[PDB]
Student: 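Mind having a look at this structure? Questions to follow.
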Amino acid sequence: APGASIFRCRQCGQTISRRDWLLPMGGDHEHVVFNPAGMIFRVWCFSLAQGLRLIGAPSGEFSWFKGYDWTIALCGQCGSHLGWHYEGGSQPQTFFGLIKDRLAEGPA
Ligand SMILES: O=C1CC[C@H](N2C(=O)c3ccccc3C2=O)C(=O)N1
Ligand SMILES: [Zn+2]
């Protein structure tokens, strides 16, 4: 009966990802980053996620991960901004960077 199994949207409980799907980009699944608006994010990288809605066309502008373009990822249920989907790169071609404090971790 594991308690650190899956990640849900902290605002509504939508299933989003799984601890098994953590991805160590540049040798670490956690990346502490800032956007141009000065906001700091503790981003956890996942190979896969579900229950999101990706908004707009990809952009390479200010990407925290070299070679990847990003799209905003909202919770598909409640609209909470949960992170970004990254695409266009290599090994892997795509992944998700999700904001740790916007997810709730718990049992499957
Ligand atoms: O990899 C990324 C993801 C998107 C991101 N980002 C933001 O969080 C943001 C907020 C306001 C205006 C523009 C940005 C954008 O480049 C960011 O800075 N880098
Ligand atoms: Zn939600």
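Each residue takes its place number in the sequence, starting with 1. Looks like X-ray crystallography, 1.6 Å, at least that's what the header says. Read the numbers this way: they start at 1 and go in the same order the structure lists the ligands and their atoms. Worth knowing before you read on, the calculation uses all heavy atoms, side chains too, and leaves out hydrogens, waters and symmetry mates.
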Student: Trying to figure out what ligand 1 is stuck to here - the chain with the largest number of contacts. What's it called in the PDB entry?
Tutor: Cereblon isoform 4
Student: Look up the drug at ligand 1 and give its PDB name.
Tutor: S-thalidomide
Student: Look up the source organism of chain A in the entry.
Tutor: Magnetospirillum gryphiswaldense MSR-1
Student: Looking only at protein heavy atoms, identify the closest one to atom 17 (C) of S-thalidomide (ligand 1) and say how far it is in Å.
Tutor: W64 CZ2, 3.4 Å
Student: Could you see which bit of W70 sits under 4.0 Å from S-thalidomide (ligand 1), with heavy atoms only: side chain, backbone, both or neither?
Tutor: side chain
Student: Heavy atom of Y68 under 4.0 Å from S-thalidomide (ligand 1)?
Tutor: no
Student: Where on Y86 is there a heavy atom closer than 4.0 Å to S-thalidomide (ligand 1), on the side chain, on the backbone, on both, or on neither?
Tutor: side chain
Student: Nearest non-hydrogen contact with atom 9 (C) of S-thalidomide (ligand 1) belongs to which option: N35, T71, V33?
Tutor: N35
Student: Could you tell me whether atom 12 (C) of S-thalidomide (ligand 1) has at least one protein heavy atom nearer than 4.0 Å?
Tutor: no
Student: What makes up the binding site of S-thalidomide (ligand 1) if contacts are defined by heavy atoms under 4.0 Å?
Tutor: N35, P36, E61, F62, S63, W64, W70, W84, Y86
